[PDB]
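This file shows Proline--tRNA ligase complexed with halofuginone.
In what follows, chains carry the letters A, B, and so on, assigned in the order in which the sequence lines appear, proteins first and then strands, with residues in each chain numbered from 1. Both ligands and their constituent atoms are indexed starting at 1 by order of listing.
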Amino acid sequence: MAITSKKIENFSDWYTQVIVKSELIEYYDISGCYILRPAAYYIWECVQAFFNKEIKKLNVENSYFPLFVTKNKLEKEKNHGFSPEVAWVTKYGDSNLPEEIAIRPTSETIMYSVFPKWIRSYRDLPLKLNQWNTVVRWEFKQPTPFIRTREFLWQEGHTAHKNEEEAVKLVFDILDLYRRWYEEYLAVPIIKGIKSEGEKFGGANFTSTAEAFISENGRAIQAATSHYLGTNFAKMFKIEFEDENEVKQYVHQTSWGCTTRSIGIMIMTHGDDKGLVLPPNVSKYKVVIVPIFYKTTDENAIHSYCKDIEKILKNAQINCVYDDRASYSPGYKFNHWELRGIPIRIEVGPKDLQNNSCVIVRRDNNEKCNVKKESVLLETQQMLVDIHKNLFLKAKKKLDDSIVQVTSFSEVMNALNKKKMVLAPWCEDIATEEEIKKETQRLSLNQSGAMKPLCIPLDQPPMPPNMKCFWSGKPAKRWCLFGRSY
Amino acid sequence: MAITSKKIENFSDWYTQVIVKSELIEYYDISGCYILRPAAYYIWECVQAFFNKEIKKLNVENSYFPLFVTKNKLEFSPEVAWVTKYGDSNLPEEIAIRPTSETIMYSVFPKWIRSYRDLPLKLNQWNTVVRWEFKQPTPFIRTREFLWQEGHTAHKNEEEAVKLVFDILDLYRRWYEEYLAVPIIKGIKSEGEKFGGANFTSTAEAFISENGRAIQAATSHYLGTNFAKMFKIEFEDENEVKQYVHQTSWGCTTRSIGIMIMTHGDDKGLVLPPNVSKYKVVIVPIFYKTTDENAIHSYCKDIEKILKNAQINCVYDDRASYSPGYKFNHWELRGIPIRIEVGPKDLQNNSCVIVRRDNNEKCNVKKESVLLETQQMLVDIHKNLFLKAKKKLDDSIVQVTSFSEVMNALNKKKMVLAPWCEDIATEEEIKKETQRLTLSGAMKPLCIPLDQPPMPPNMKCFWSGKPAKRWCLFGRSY
Ligand SMILES: Nc1ncnc2c1ncn2[C@@H]1O[C@H](COP(=O)(O)OP(=O)(O)NP(=O)(O)O)[C@@H](O)[C@H]1O
Ligand SMILES: Nc1ncnc2c1ncn2[C@@H]1O[C@H](COP(=O)(O)OP(=O)(O)NP(=O)(O)O)[C@@H](O)[C@H]1O
Ligand SMILES: O=C(C[C@H]1NCCC[C@@H]1O)Cn1cnc2cc(Br)c(Cl)cc2c1=O
Ligand SMILES: O=C(C[C@H]1NCCC[C@@H]1O)Cn1cnc2cc(Br)c(Cl)cc2c1=O
Ligand SMILES: [Mg+2]
Ligand SMILES: [Mg+2]
């Protein structure tokens, strides 16, 4: 088992190979659904634990609402173009249901229908809820393991506040928790930003977003969402509270979500030609121990040594595996565990046993270092930190190198052709969005190739005071990130 | 609000009132589906964190398998929900929502298991399933959708598998007893009540005194090679000989929450084992003057700090809209284990008043020691709840030798322990005759308990008169 396609040459097939052979997923006889094996789900558990800790600090309470929602309830607020993606239960056994029932594609209509019962006065606020659940969307866009799946795991938070300031504050708090969840657990850098009027969630006042970029195929991917919903849903669902004068006021809402797409983003960011590369924080085993016998008499000495090292790491709660299987060569094992993304390999040969040393090898850059057994615990600890740092830094470099700043449309296509995004001064007129889509599609016929507004970044470079929009020529308001996406 | 029906007098309405007014659930416009509000879901998270910790000591690895299973792979029948449409178009073939995941997982087990080095395979899922139940649903107890976990393992032999079966069963015991303060009885299902694909089903049974109802609390099966043969799950042993795997499966649902409520709830509302209550303590201030307000606020906050510094989550109810009485009632209703009242008189003593939820005992405590006496109290409450429940379980069993004795016992809201021949045949006979004489009156074999009383040398079966093999538990259920 080896990775047959190179990441830069054939990214799609490299991806499918990596995720199957590293034992993250199995494919399934229902298109767009994938089995999450222990190695994948472990990553989900880690980020889940982190995120739970941090939102409980914000006093968000977990909850669980039904998987099913009635047609009447799901469809109450007009359509507001999701309808072909709804999966419908039409019967139980061989008996038709009087009315069909939908599986949740998200929980707005389920939760907000009961919010008025729970919110009567200003004394009931804020209301802060989260769910860890599964949803179903029958994606017609190309399904891709983790990135776009028809059933996926995720978290949805919904809150309601007495005013705008408090809700918006929470929207950005959540957003930085997403930043930390990418950075600290997946070693993935993201760009924070505000979605254009064309790209935001229809029900939202504004949509803030974390964007990632896969440099290897030049594609941006939305990494997480955090919305200021204002009073839009409060009006739709009649969610009001009597204020301190017993005057009825609309709540100010937020919602926010992040999915197993994250695992996908992480795989694509750090994976190399040898396979999966895991940040230590989301790998079950931090270290693999591999014995080496240069045709040596005593297997048992080396075995006992290896065992000692394993006990040292395990006792320090650094989980590890000792691969003592007789039926595979050391080289086989090196490759096998590289493919599975074990952050550190420790090799023990006969020479090492004589010197009370061992050889430590980093998954990320393949650097080796002979070190004394009695120092392995401190070395390992530090190395697991270094690895994370390295991964993050490398990813950040690629991210920063993927942003070409431009001032006129004339520079754009070149940039797109080099698998980059563009940062451009933009008038933000809603009409220009589809225009820019159409033109970049058309011009891509020569080189979907359309580029779209990814986000208005929080980190704006200086805007020269007479600067014009790259596209319309009108006055430019802010810098916007554009690029091709998933 | 308060509880309008008494537990002993009208159990159903009491239960409905308690779950809604203590803010555990909201009813929903699809029958048998219930919203889990933060207080119920918190309970679920606690027992989940515990179970995860323990199965992870057994090298069980969590995973997630799809909600959907194809018609082919799936093939009880009318209980499955079918998705047949996306938007306005029909799926070319209908897909089911999982009622359980045996066919989803065991289909892929052959690919993952090649040799004894791949064994044991130990997987768990925290997920949801849907079963379209015929019976009227009961919040937590029997719901159309429920959360649960499913564990599935495959071992190289019978011995290892069976040992895992009972390790898991004990973990369920601890789930109920150390976290929900509910006593259970370990037993083995009769040959008609067991899981069909199983070699044997082990089970934990609970009982509700007040309505005389037995509830299956959790399951742990030895599956032997049944599924290994039907699904072709084989491993190369250490001599390169192919052998069938020996499998196990086990599960426990949000029903456990129900079992706890019913067990500990009283006529003031919810009663919670301290470890599954978000707030262990509510601190309530008591005023006379506007002058007192500051000194009592500070003091209160001080207590708060102490508790929270010792990782004891608590709520200071400094609301002015409400009287201390209303507060007491409100937080008792929501099942907070401890109430610390702080008044002026207490303030002059550097003391306060601590009040227990389970038995309403009050006592004065000096600020300096509040921490230590709260910790102890939280232990004591759990213990008291468990012990009391245990008594009520023990007094719920009536040992009989002939069917002559059964019926009075049943009608006293009891279950019977009887010597039985374990003839599958006798199982529906007994049920047809027990109800002849919104829930059924029939009684069924609950479990053949692991702790067997001695069987007198030639004792006859309480029903068929044939020789008795073992002592079995019989009773009414949901
Ligand atoms: N099918 C999917 N599988 C996995 N993750 C998804 C899927 N659809 C959306 N997400 C992610 O879920 C988060 C919440 O997304 P949401 O607001 O529901 O996205 P959306 O409106 O559907 N945008 P789109 O990706 O174009 O479908 C986003 O950060 C997406 O990255
Ligand atoms: N509808 C339900 N809601 C909640 N818990 C349930 C439900 N059905 C079964 N359980 C519990 O889930 C656990 C696993 O049992 P399982 O084998 O899945 O069902 P079961 O034994 O067939 N129960 P039943 O269908 O009522 O005869 C047991 O503790 C059951 O009591
Ligand atoms: O799901 C959303 C908005 C937000 N819901 C809570 C978590 C964070 C998330 O961004 C946008 N969205 C995305 N896909 C959908 C698909 C269908 Br089908 C429906 Cl009915 C509705 C939707 C839908 O509302
Ligand atoms: O669900 C089971 C057996 C075990 N599955 C894994 C966890 C523990 C549990 O006891 C029994 N069971 C109960 N109800 C079912 C309903 C339907 Br519909 C189907 Cl198809 C199958 C079943 C079914 O197999
Ligand atoms: Mg979408
Ligand atoms: Mg059933």
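For halofuginone, every matching ligand or chain, copies included, can be listed as ligands 3 and 4.
Other chains with any heavy atom closer than 4.0 Å to halofuginone (ligand 4): B.
Taking a cut-off of under 4.0 Å to the non-hydrogen atoms of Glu79(B), the atoms of halofuginone (ligand 4) that pass are 18 (Br).
For halofuginone (ligand 4), none of its N or O atoms has an N or O atom of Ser249(B) under 3.5 Å away. Heavy atoms of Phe195(B) found under 4.0 angstrom from halofuginone (ligand 4) belong exclusively to the side chain. In terms of protein heavy-atom proximity, atom 13 (C) of halofuginone (ligand 4) is nearest to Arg131(B) NH1, 3.4 Å. Atoms of halofuginone (ligand 4) lying under 4.0 Å from any heavy atom of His152(B), numbered from 1 in the order shown and given with element: 6 (C). Remark: minimum distance from atom 17 (C) of halofuginone (ligand 4) to any protein heavy atom is reached at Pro99(B) CB, 3.5 Å. The atoms of halofuginone (ligand 4) that sit less than 4.0 Å from any heavy atom of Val80(B) are 18 (Br). Checking only distances, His221(B) does come within under 3.5 Å of halofuginone (ligand 4), N or O to N or O.
Under 4.0 Å from halofuginone (ligand 4) lie these other ligands or ions: ligand 2 (phosphoaminophosphonic acid-adenylate ester), ligand 6 (magnesium ion). The nearest heavy-atom contact from the protein to atom 15 (C) of halofuginone (ligand 4) is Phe76(B) CD2, 3.7 Å. Contact annotation for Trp148(B) and halofuginone (ligand 4): only side-chain heavy atoms (C-beta onward) come within less than 4.0 Å of the ligand.
Protein heavy atom nearest atom 5 (N) of halofuginone (ligand 4), with residue, atom name and distance: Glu102(B) OE2, 2.7 Å.
For halofuginone (ligand 4), the polar-atom distance check finds no N/O of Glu150(B) at less than 3.5 Å from any of the ligand's N/O atoms.
In the entry, the organism recorded for chain B is Plasmodium falciparum. Counting only heavy atoms, halofuginone (ligand 4) sits under 4.0 Å from the following UniProt L-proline-binding residues in chain B: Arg131(B), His221(B). Every N/O-N/O distance between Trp250(B) and halofuginone (ligand 4) stays at or above 3.5 Å. Among protein heavy atoms, atom 23 (C) of halofuginone (ligand 4) sits closest to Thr100(B) CG2, 3.8 Å. Residues with a heavy atom within 4.0 Å of halofuginone (ligand 4): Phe76(B), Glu79(B), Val80(B), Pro99(B), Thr100(B), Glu102(B), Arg131(B), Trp148(B), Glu150(B), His152(B), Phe195(B), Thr219(B), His221(B), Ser249(B), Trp250(B), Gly251(B).
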